[PDB]
Number of protein chains: 2
Amino acid sequence: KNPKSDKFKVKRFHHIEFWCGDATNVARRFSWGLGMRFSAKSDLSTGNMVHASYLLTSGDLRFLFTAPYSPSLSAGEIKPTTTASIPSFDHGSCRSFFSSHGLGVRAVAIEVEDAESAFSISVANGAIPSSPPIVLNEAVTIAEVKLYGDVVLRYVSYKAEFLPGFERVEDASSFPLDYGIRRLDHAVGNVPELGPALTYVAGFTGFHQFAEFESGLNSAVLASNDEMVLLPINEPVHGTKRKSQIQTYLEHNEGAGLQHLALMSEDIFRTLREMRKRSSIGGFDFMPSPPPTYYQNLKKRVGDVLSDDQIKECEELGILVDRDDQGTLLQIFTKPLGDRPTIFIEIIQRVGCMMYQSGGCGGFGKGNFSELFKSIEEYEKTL
Amino acid sequence: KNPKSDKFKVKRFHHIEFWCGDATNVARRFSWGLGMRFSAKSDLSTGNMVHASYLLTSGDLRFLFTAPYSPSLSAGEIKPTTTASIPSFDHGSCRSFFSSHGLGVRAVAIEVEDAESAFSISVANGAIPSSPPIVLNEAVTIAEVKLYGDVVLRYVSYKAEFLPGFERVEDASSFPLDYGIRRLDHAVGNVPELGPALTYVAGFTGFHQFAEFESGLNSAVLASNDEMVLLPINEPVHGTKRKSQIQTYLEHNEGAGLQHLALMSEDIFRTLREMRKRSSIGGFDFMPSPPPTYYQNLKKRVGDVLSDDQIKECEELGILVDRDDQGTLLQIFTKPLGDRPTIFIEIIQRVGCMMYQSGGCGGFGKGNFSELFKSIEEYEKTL
Ligand SMILES: O=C1C(O)=C([C@H]2CC[C@H](c3ccc(Cl)cc3)CC2)C(=O)c2ccccc21
Ligand SMILES: O=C1C(O)=C([C@H]2CC[C@H](c3ccc(Cl)cc3)CC2)C(=O)c2ccccc21
Ligand SMILES: [Co+2]
Ligand SMILES: [Co+2]
């Protein structure tokens, strides 16, 4: 059931912004590790005396990395005379965010029909304002409201390449890396209490619950009208045996924040081959693979969707597989992206739900909990 | 003239410590860009609740990358009960350093015969104490004094692998990258006033002036007894036509600090080939190459040291060449390592002065200023 109750016209995920201490080094690591190319910049060389911002792209996926310069470079400026290309940026907020959370997502940006209207309607419906709408070069409008913790939901709207004040990156500096990643599928937050977080966000967006099919947490998913903007939220489940990874996150992050980004690949086998080749030479590490008993049980679950050769290829790369009632999902998780056990990345590919592919095809993998536990039991029995 | 006036026994450069906001991402970028392997760690997985520290090595070169965790993880601890593996570390100092300077060198560490004696003699002779000697697991002693700006000179001494509390990195996580870099040759500071900086440091070390052979700056070099620990210092020259790059550094760094690290390669052609292949895929960029007229003048200067084939190989890679009265120097400079136009790296190889090779063989390249200017004039004439 999709009531299509969006309070303003939402299009697609637009970009994710990381707040960094040094944007150069994080962006270069991510570029190599994920196969994203350098496509735009806003920094001292472009006249920005406030922040250094570097944009990576792969297909439709846009990762922005921003760090502050010394406030002394822009001490004469006021907001009317700022050289910042992102007017919501504030040195104090950025330094406070990073000292509090370390490397993490500051903004989940969605493209909307009219960012000023989205902002007004959102705040009229309970959203906590973070940055009021501002029009950039009479071309783009940007506004921000709080989402959870210190993460903001950023509205972007275009009258008619990233943002004014950003420069195209000279092709000699822009190597065409591509491991197959094509778009952001979903962005997941961790909170202390799921209920109030859901009520708040669904309250001001009109996003509806997406609805699914005991260890770790409780979650739920909010979705836009066409279910292309997907925002899951997790809360911990306390008092288990094995400590909730959601609670570990909240401790090490100093509170709520973005837990993981799920990136859709047009060929998850190629993506995982390319990323795993680079894990020990600057790229990203992946979580430990499930036991072969897990893959020794995949034939009985998705043997009609993947050949035995494709299932053995899943086993080589450590891919997990889950299944909805309309689709099938292939997924895998990285280890945390930075020093703290907080944010990580998921690589995903979905098969089914063709009409274009509808959003959320196959679910989010929650059936992999029971499957993994069964795998462990069976493997211990075979030991 | 080498008066050999060291006030305590100094051995060799031991390590350089960068203070970071996220040590993981900087260390992975540097590892790939420079061809250094991951060899030790001290972090949450080793019981360190205070800081994340990752050690990269290439030959004898040791780069340490450190970032703070949330203070809340170690809120119960006191200095007697600390889980930090580097007892001089302080969350407040590290966050203040990084917000003030961005990514940069916090410590230039030298191995000494007795770090407690070095510290006492240094402070007795004018050094400003930064961290008093502390003995780690009855095995290693570490102490720190201020060097310039917020950079410290760190003394390390061993009774008899990096530091207690650091763990060997599991070989699966430790890929054996190597582009030929083998040791730190020199470490250079930028200061507002050269005279007082020299007086202070030579005052407490007993290091002597190393002594050489109009645009940018004035410099001088302090050296240990065998001239294997080399510490150049630069000051700006004001009132030129083209603004001093030393003054630009001081502005963007918010004051004095470490300007560049010069890394000796056992094969500078292989190193530069390997680093340049990776410049646009996560590694380091190099400064623009001198005009071919420069290389069209190398035969008349070092034609007796390098064949014409080796000189054309210098031209491909953009290497500069200078010459002492005892040796010849091959060198090249990276673009700044991070967001700010502050710290960069120099790759160097020295030929001559065999007895082992004596330190500073060939000088530091200061003759390349005049040579480059002449190159520009000649190239403009040929245009
Ligand atoms: O986005 C996700 C998501 O990524 C998982 C994940 C959690 C980890 C699970 C898992 C990972 C690895 C193994 Cl070996 C077993 C299970 C797989 C599904 C969920 O369970 C989930 C539930 C509800 C809404 C969204 C989501
Ligand atoms: O360590 C150095 C050093 O690295 C340079 C450098 C400065 C930049 C010069 C240069 C670089 C590039 C070109 Cl195209 C021309 C000159 C080469 C020497 C010095 O001039 C110097 C002088 C005195 C003590 C130490 C040092
Ligand atoms: Co997910
Ligand atoms: Co030098």
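Chains: lettered A, B, ... by order of sequence lines. Note that chain A carries the PDB entry numbering, so the residues on display, from first to last, are 35-194, 201-253, 262-403, 411-438. Per the PDB entry, chain B residues shown: 35-194, 201-253, 262-403, 411-438, in order. Ligands are counted one by one from 1 in listed order, and the atoms in each one are counted from 1 as well.
Lab note: drug at ligand 1 identified as atovaquone. The chain sharing the greatest contact count with atovaquone (ligand 1) is, according to UniProt, 4-hydroxyphenylpyruvate dioxygenase. Going by heavy atoms, the other chains that come closer than 4.0 Å to atovaquone (ligand 1) are A.
At a heavy-atom cutoff of 4.0 Å, atovaquone (ligand 1) is contacted by no atom of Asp370(A), backbone or side chain. Neither the backbone nor the side chain of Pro338(A) has a heavy atom within less than 4.0 Å of atovaquone (ligand 1). For atovaquone (ligand 1), the atoms lying closer than 4.0 Å to a non-hydrogen atom of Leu368(A) are 11 (C), 12 (C), 13 (C).
The option from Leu265(A), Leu279(A), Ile380(A), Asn423(A) that lies nearest to atom 10 (C) of atovaquone (ligand 1), judged by heavy atoms, is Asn423(A).
Ligand-side atoms of atovaquone (ligand 1) in range of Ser267(A): 22 (C), 23 (C), 24 (C), range being under 4.0 angstrom from any heavy atom.
Checked by distance only, atovaquone (ligand 1) and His308(A) come closer than 3.5 Å through their nitrogen or oxygen atoms. Atoms of atovaquone (ligand 1) found under 4.0 Å from any heavy atom of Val269(A) (numbered from 1 in listed order, with element): 24 (C). Polar contact with atovaquone (ligand 1): absent for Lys421(A) (N/O pair, distance under 3.5 Å). In this structure, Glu252(A) is part of the shell of residues with a heavy atom less than 4.0 angstrom from atovaquone (ligand 1). For the pair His226(A) and atovaquone (ligand 1), the shortest N or O to N or O distance falls below 3.5 Å.
Among the ligands and ions shown, the ones besides atovaquone (ligand 1) lying under 4.0 Å from that drug are ligand 3 (cobalt (II) ion). Within a heavy-atom distance under 4.0 Å, atovaquone (ligand 1) reaches the following UniProt Fe cation-binding residues of chain A: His226(A), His308(A), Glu394(A). Here is the list of atovaquone (ligand 1) atoms found below 4.0 Å of a heavy atom in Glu394(A): 4 (O).
Residues contacting atovaquone (ligand 1) within 4.0 Å (heavy-atom distance) are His226(A), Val228(A), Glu252(A), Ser267(A), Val269(A), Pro280(A), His308(A), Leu368(A), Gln379(A), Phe381(A), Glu394(A), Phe419(A), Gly420(A), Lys421(A), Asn423(A), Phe424(A), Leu427(A).
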